[PDB]
Asker: 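A single structure is presented below for examination.
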Amino acid sequence: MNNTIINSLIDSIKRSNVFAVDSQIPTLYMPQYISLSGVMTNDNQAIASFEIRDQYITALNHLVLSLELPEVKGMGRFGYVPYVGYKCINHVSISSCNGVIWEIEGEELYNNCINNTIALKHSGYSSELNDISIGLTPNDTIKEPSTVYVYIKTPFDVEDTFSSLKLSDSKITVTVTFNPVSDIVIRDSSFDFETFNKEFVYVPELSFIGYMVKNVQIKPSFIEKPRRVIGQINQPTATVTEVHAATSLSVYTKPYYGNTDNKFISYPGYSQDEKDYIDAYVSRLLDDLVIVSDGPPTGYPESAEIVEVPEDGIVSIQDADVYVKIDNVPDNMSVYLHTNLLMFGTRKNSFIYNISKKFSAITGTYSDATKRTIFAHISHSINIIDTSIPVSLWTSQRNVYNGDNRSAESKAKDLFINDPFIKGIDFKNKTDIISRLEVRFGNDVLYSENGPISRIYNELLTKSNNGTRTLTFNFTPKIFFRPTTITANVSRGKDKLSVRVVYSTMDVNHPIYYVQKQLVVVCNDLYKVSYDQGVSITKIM
Amino acid sequence: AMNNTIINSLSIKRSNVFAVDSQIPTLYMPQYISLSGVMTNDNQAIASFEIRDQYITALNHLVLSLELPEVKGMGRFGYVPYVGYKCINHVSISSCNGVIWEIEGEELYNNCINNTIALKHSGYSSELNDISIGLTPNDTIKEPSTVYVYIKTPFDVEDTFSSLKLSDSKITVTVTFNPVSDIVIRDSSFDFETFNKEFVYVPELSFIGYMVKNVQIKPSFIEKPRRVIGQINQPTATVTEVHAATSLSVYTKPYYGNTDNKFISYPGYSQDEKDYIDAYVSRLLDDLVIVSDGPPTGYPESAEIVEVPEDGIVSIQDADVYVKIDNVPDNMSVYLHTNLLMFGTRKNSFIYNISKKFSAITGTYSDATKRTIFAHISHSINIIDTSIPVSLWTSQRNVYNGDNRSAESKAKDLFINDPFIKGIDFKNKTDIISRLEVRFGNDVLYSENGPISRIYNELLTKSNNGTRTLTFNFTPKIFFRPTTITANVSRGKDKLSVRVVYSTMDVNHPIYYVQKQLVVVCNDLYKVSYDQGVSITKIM
Amino acid sequence: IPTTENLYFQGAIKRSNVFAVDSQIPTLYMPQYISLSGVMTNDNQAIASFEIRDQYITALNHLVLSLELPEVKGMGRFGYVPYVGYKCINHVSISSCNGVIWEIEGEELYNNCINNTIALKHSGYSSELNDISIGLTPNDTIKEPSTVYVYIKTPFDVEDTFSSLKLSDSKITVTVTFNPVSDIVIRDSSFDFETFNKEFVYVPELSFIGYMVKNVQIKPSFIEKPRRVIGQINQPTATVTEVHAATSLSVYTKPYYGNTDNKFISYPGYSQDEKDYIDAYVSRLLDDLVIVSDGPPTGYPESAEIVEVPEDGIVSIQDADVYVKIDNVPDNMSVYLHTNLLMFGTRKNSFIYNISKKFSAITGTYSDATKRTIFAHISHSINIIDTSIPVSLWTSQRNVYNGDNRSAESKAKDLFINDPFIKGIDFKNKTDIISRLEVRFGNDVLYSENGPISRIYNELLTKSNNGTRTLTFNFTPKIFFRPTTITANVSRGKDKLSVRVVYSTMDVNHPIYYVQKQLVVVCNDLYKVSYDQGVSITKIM
Ligand SMILES: CO[C@H]1/C=C/O[C@@]2(C)Oc3c(C)c(O)c4c(c3C2=O)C2=NC3(CCN(CC(C)C)CC3)NC2=C(NC(=O)/C(C)=C\C=C\[C@H](C)[C@H](O)[C@@H](C)[C@@H](O)[C@@H](C)[C@H](OC(C)=O)[C@@H]1C)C4=O
């Protein structure tokens with residue numbers, strides 16, 4: 001230590017000790033990780049029930065659901081959706097003999113864990129699970145058996161032991177409803193889904209941190225329970241009734257693919273970036289987009305317009321110019337460009353949405369050894385929306401053209417995607433289709449915004465990179481304080497939350513226009529956690 | 001079920017760790033409030049936001065929205081990474097009694113540098129930061145976008161507890177903006193003259209407002225940052241009237257006022273050290289290795305383009321460059337530019353040559369596109385090379401021509417005016433400080449050779465890009481009165497004098513001529529009193 | 001119609017103040033960053049002693065050890081292990097005149113900092129340090145001199161000034177024992193390690209945050225000291241004796257490479273992902289795997305089976321088919337495939353583990369200019385285990401075949417890896433080799449598991465992606481509360497923690513089977529910090 005600091009200190013005011021503290025004796029307890037097998041029940045929806053009844057387990061928290069993924073054998077393309085564990089959850093319910101204590105919808109549990117990288121990884125996020133593997137023979141192993149762990153985040157984990165679920169000498173039932181296996185699987189037509197669906201069984205195990213407490217001093221607390229309201233298809237409104245004490249309100253959009261066969265051209269697999277989705281789509285198209293053939297290429301529909309690339313290299317599709325230059329092309333062969341690989345239009349001789357027009361430069365070298373074109377660099381304007389268009393909409397009734405002018409080989413490689421937690425109108429939820437949000441508490445306008453400033457606040461306040469337009473009414477510390485809520489006024493009709501959105505106007509000649517939307521409104525109501533005590537007499541009969 | 005061993009294991013006063021009394025908080029109601037400002041115009045843009053409402057009792061979490069316009073026309077254009085923070089010059093929160101809290105643009109950015117989410121919202125995408133090209137005068141270079149800048153204040157530390165209370169006073173939030181030149185990376189082709197004339201800052205301030213029923217206001221303490229920028233290249237800077245300081249930060253900034261702010265390359269959205277280097281290598285390669293029918297044309301007379309021998313090795317003095325290109329036509333030969341960029345202060349002395357920084361170049365010539373497709377490059381190019389302004393290659397100090405590149409390459413040079421660059425390179429990799437000496441009055445307060453104060457700053461703040469910082473306060477904020485370095489007016493200990501020893505560079509290296517500026521940041525303690533409106537008082 | 005009401009707060013007793021707090025006056029103190037040079041001692045093991053003796057250093061925390069890495073000159077391949085700073089630490093000991101206050105093993109300090117990205121970076125994680133650099137001339141600079149910073153995390157940093165180590169007018173000694181330089185260096189046979197080991201010296205400097213406190217009010221506290229027990233080689237048990245008050249128990253595996261020369265085929269350098277390890281291995285093998293030669297290739301052992309690739313492109317190695325197609329092959333030359341690059345078999349008529357059979361497609365273009373094959377795309381089933389096999393195990397006595405059928409050029413590029421902190425049986429600790437864990441407190445079974453649910457909990461509760469099978473007993477916030485421990489019953493015999501694992505069964509014909517294992521058990525015991533007659537620690541019993 002230098003002299004200047006010594007002189008600065010070398011009087012007597014009431015000071016708080018910042019260099020020592022009294023190590024308070026905590027409640028005498030003992031934790032233990034407890035694992036239990038359930039009871040399976042079977043629209044023949046799979047339901048697992050876990051009963052927790054023990055004199056020693058005083059309190060419990062940190063629920064983790066294990067799932068045994070079986071060995072997948074056979075032919076065809078198969079892969080699991082990212083975070084497979086969360087995606088196979090439809091509903092989680094924690095109940096006692098008095099009724100439901102806390103419950104959540106599958107998507108909401110996922111939304112609550114979206115900022116937890118570790119919980120998402122344990123759930124099932126690997127190249128082993130999420131890459132689309134191919135089976136060549138009926139006995140070939142597509143996927144090896146694996147175990148996934150789903151962190152069932154509850155309000156009891158917030159402040160560890162302080163927030164824990166205290167079993168007041170009663171039975172606790174944890175009920176897990178599962179989504180059909182079709183929701184968690186990405187497969188092609190070649191894959192035998194019918195056999196798989198029948199043969200597949202959900203193999204769960206519930207784990208939790210149990211606490212054996214000596215002379216526990218139980219006190220009443222407060223809990224936030226989530227409620228979900230899904231609006232009418234393509235309707236820009238949704239209402240949450242009986243709102244008396246709400247801590248938060250979330251608003252988001254979901255696509256509805258019930259009007260399609262849920263088939264999509266491409267899928268990136270484990271690689272989940274916006275660029276990864278785009279690159280996978282470009283790769284799938286390139287095979288049919290630029291062809292090196294001896295004369296006019298064969299195997300394409302009559303509707304297809306495959307033009308020979310001039311010496312200039314530029315092929316003009318209306319106003320759009322495509323520069324195609326392939327090296328080491330054999331003298332007997334020529335370079336061809338598919339000028340209408342995928343096209344859409346609602347009126348004859350009108351605006352046409354052509355996927356071939358979304359390319360500006362294609363360069364590569366022809367391989368004599370593999371009889372394939374090895375593409376070097378592609379200049380395109382392909383977006384996340386293009387990769388998110390269901391194949392059905394290209395060949396829909398609304399289209400005046402054939403639509404899908406790809407080869408039968410390409411069409412056979414299309415994958416079924418039935419992920420239950422998709423948001424917006426694209427796989428990455430990039431496109432914001434809400435131009436204005438209006439929240440009304442009864443007749444009075446509670447909140448309005450054009451830009452997603454509520455989403456920006458949600459992302460900041462929750463340290464999340466994928467948030468939703470959320471209104472937070474509670475800025476008080478949880479567990480130690482009674483949560484602040486938006487309070488109702490039944491007499492003035494201020495007992496409901498009415499959400500109204502203004503959807504972005506889309507072009508009728510773009511296939512995304514026909515993707516149906518659903519408004520999702522999530523409300524977190526406040527409940528009081530009480531512990532029933534008293535004497536009851538019963539007539540012996 | 002619980003096992004027998006744990007059961008067997010289980011008058012003393014014990015604290016309840018399994019239950020707590022859910023305390024009734026102060027009755028309040030939060031609301032996200034958004035306001036439009038008042039624009040004022042060296043004709044510097046200033047946005048004023050006035051906050052006053054009988055129901056807005058307190059506020060925190062200031063977020064500034066910015067409407068980036070559609071950019072149309074010809075040329076290369078892109079935004080600097082974290083565009084939102086970069087366009088902020090100064091933020092000032094004041095009342096009728098004066099300024100409550102204020103910050104310089106760079107300091108606000110420095111405070112949010114460890115916040116990934118805040119940085120992303122600010123504007124960090126391929127859509128904004130990649131250098132896009134406009135082909136026709138009506139072509140859209142950049143689509144309109146909205147960016148969100150988190151104005152981190154001392155009021156967010158402990159949420160409602162730390163929040164700024166409004167004692168029936170008018171709170172003004174003043175945002176001074178940097179010129180649009182600082183947030184834009186563009187080439188000569190881009191019509192910046194029209195862009196600068198037509199561009200307008202479109203701001204909107206958002207904050208979390210609180211309606212508090214019967215608020216019980218108490219006095220608090222606030223840390224306000226002060227910045228002192230030293231004389232260009234001067235290894236000294238002094239902070240006067242230091243009476244109660246919580247911290248002191250020291251860093252360096254480059255100065256490019258002696259250049260045209262033009263640089264050869266830029267990686268765009270990809271911001272790693274390797275990304276900067278790879279972009280530079282890519283830009284030089286087409287001029288470095290030429291496949292031509294006879295001696296290549298279009299280069300200055302000063303250029304020394306040598307034909308690559310059958311051996312493949314071209315010797316530039318002591319440096320050997322292996323150049324081997326596949327599928328070269330019979331009528332054409334492989335050439336190496338042996339002096340692409342050169343610098344020297346004397347005619348027969350040491351030369352800094354960029355071509356000598358290459359050891360192996362391999363590729364395949366494309367007959368279809370008439371260009372060389374490079375496979376693998378072995379080089380010793382560093383982050384400093386990518387950070388040299390073009391002006392320094394053709395400077396007066398240089399005995400050589402300097403820039404022996406083609407007119408095509410020179411036309412692709414980009415103007416970079418990022419206001420928050422640190423050190424002498426874009427990634428602030430090179431540490432140019434050999435010694436730090438901090439004096440309080442006349443006495444040496446702290447002395448260091450290695451950047452151990454930076455290592456402590458990075459550890460204690462969980463940041464990967466920190467500064468040489470002396471922290472005097474290790475006491476928890478809000479709940480305690482901050483610990484400070486106290487002054488002695490009588491003894492003369494009322495100023496912080498920083499003296500550095502810059503590491504000396506080679507005069508024959510162009511980086512030597514990059515001007516430096518020493519930045520000293522001091523955080524003074526102020527008392528916040530709500531008697532007769534909101535007012536701050538300097539602890540002395 | 002476009003107008004929407006802009007109204008504020010449209011949703012409106014002893015109360016705790018949530019909008020204001022009393023700014024308590026703290027203890028009068030002054031911090032200072034203090035740096036000290038040590039005293040080097042030399043089994044000739046390196047030991048650095050730092051004596052802290054000052055009447056004004058009242059308390060201290062945040063220990064940071066600086067290390068001056070020298071300029072590395074000469075020929076051969078050389079690079080440092082990632083996080084070089086932590087890897088050179090063997091043991092850290094903080095002691096006073098009364099004895100040891102706190103101490104840690106090198107690996108445990110690293111384990112405690114594994115979730116701290118910043119601390120790991122400061123330690124030495126750069127392309128400059130970790131990439132394997134090559135020296136061409138005896139005076140060529142391989143590595144430039146560098147300074148690394150090792151954050152010696154102690155229990156005194158938990159609650160900053162509150163948790164800080166107080167110096168009761170006593171001399172505090174910080175002793176740092178260093179691992180041999182062999183442990184922190186990755187080099188080939190060409191590199192003169194004999195001279196390097198002789199010329200290398202550890203150049204340390206200890207830094208800490210010292211606090212000069214005016215009228216300090218010292219109070220007794222509690223400290224957790226880690227204890228490590230390493231089981232006998234290939235022994236599935238390990239016991240921790242005298243367990244009286246433990247806060248946690250960690251169990252993990254380590255490989256033992258003493259039965260090998262510590263040489264490995266490949267190393268990715270700075271790039272440390274699972275894919276980076278795999279890609280580096282594939283790259284190293286490709287040079288010998290696919291050969292473009294004028295007639296049968298030379299330089300390989302007689303044991304090697306190099307087959308000419310047919311016009312078909314398919315080379316069949318038993319039931320495995322390898323598609324090899326190289327472009328621009330000269331007319332005087334042919335394409336060859338090494339069908340047994342690396343092979344292992346316990347019997348002559350048994351299952352043979354062949355690395356060449358792990359490849360399905362190899363495509364590239366031959367360069368006439370550089371006389372090399374430039375590989376475009378490789379389809380393989382190479383895993384993290386393959387990259388983790390020591391070269392010695394390919395040519396071991398157990399193998400009835402030659403094993404290593406690579407060229408002398410490839411074999412000369414093999415690197416010595418002596419990283420002291422490797423876990424599991426692979427470099428990334430991906431493969432879980434424990435099928436069952438049994439923890440006993442005395443003779444009674446305390447905890448048993450099949451799946452790694454204790455590791456899943458460790459990873460969740462500590463927000464770490466690289467955790468260990470850990471049993472936590474303390475769920476109470478440190479420093480404010482007295483830590484909750486598993487208490488002993490000396491009379492009943494429960495005064496020891498006995499761990500037992502059941503290793504997952506591997507195939508005898510796979511070289512990984514012969515990688516020897518060591519069980520590591522870490523126990524954190526509770527000690528009382530008493531400041532009567534200087535600083536001293538007492539074991540809670
Ligand atoms: C909402 O929760 C709050 C408490 C109530 O919850 C209670 C009911 O459960 C607690 C739990 C679970 C705790 O772990 C602590 C306390 C309490 C409670 O009382 C403390 N209670 C006191 C007891 C003594 N008084 C007065 C005086 C003598 C100093 C102060 C509080 N100190 C306390 C601590 N800290 C210390 O002693 C030490 C060794 C250091 C403290 C440093 C600073 C000061 C804190 O870091 C500060 C930022 C803190 O306020 C937040 C971490 C948080 O507050 C918020 C708003 O976020 C609390 C956890 C605790 O660790």
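Order of the sequence lines sets the chain letters (A, B, ...), proteins ahead of strands, with each chain counted from 1. Order of appearance sets the numbers: ligands from 1, and atoms from 1 within every ligand. Computed over heavy atoms, backbone and side chain alike; hydrogens, waters and symmetry mates excluded.
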Asker: Say which drug appears at ligand 1.
Answerer: rifabutin
Asker: I'd love to know the main binding partner of rifabutin (ligand 1) in this entry - how is it named in UniProt?
Answerer: Scaffold protein OPG125
Asker: List the other chains that have a heavy atom under 4.0 Å from rifabutin (ligand 1).
Answerer: A, B, C
Asker: Which residues, given by chain and number, make up the 4.0 Å heavy-atom shell around rifabutin (ligand 1)?
Answerer: A:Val21, A:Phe162, A:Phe480, B:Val20, B:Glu158, B:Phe161, B:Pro476, B:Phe479, B:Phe480, C:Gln24, C:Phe162, C:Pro477, C:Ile479, C:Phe480
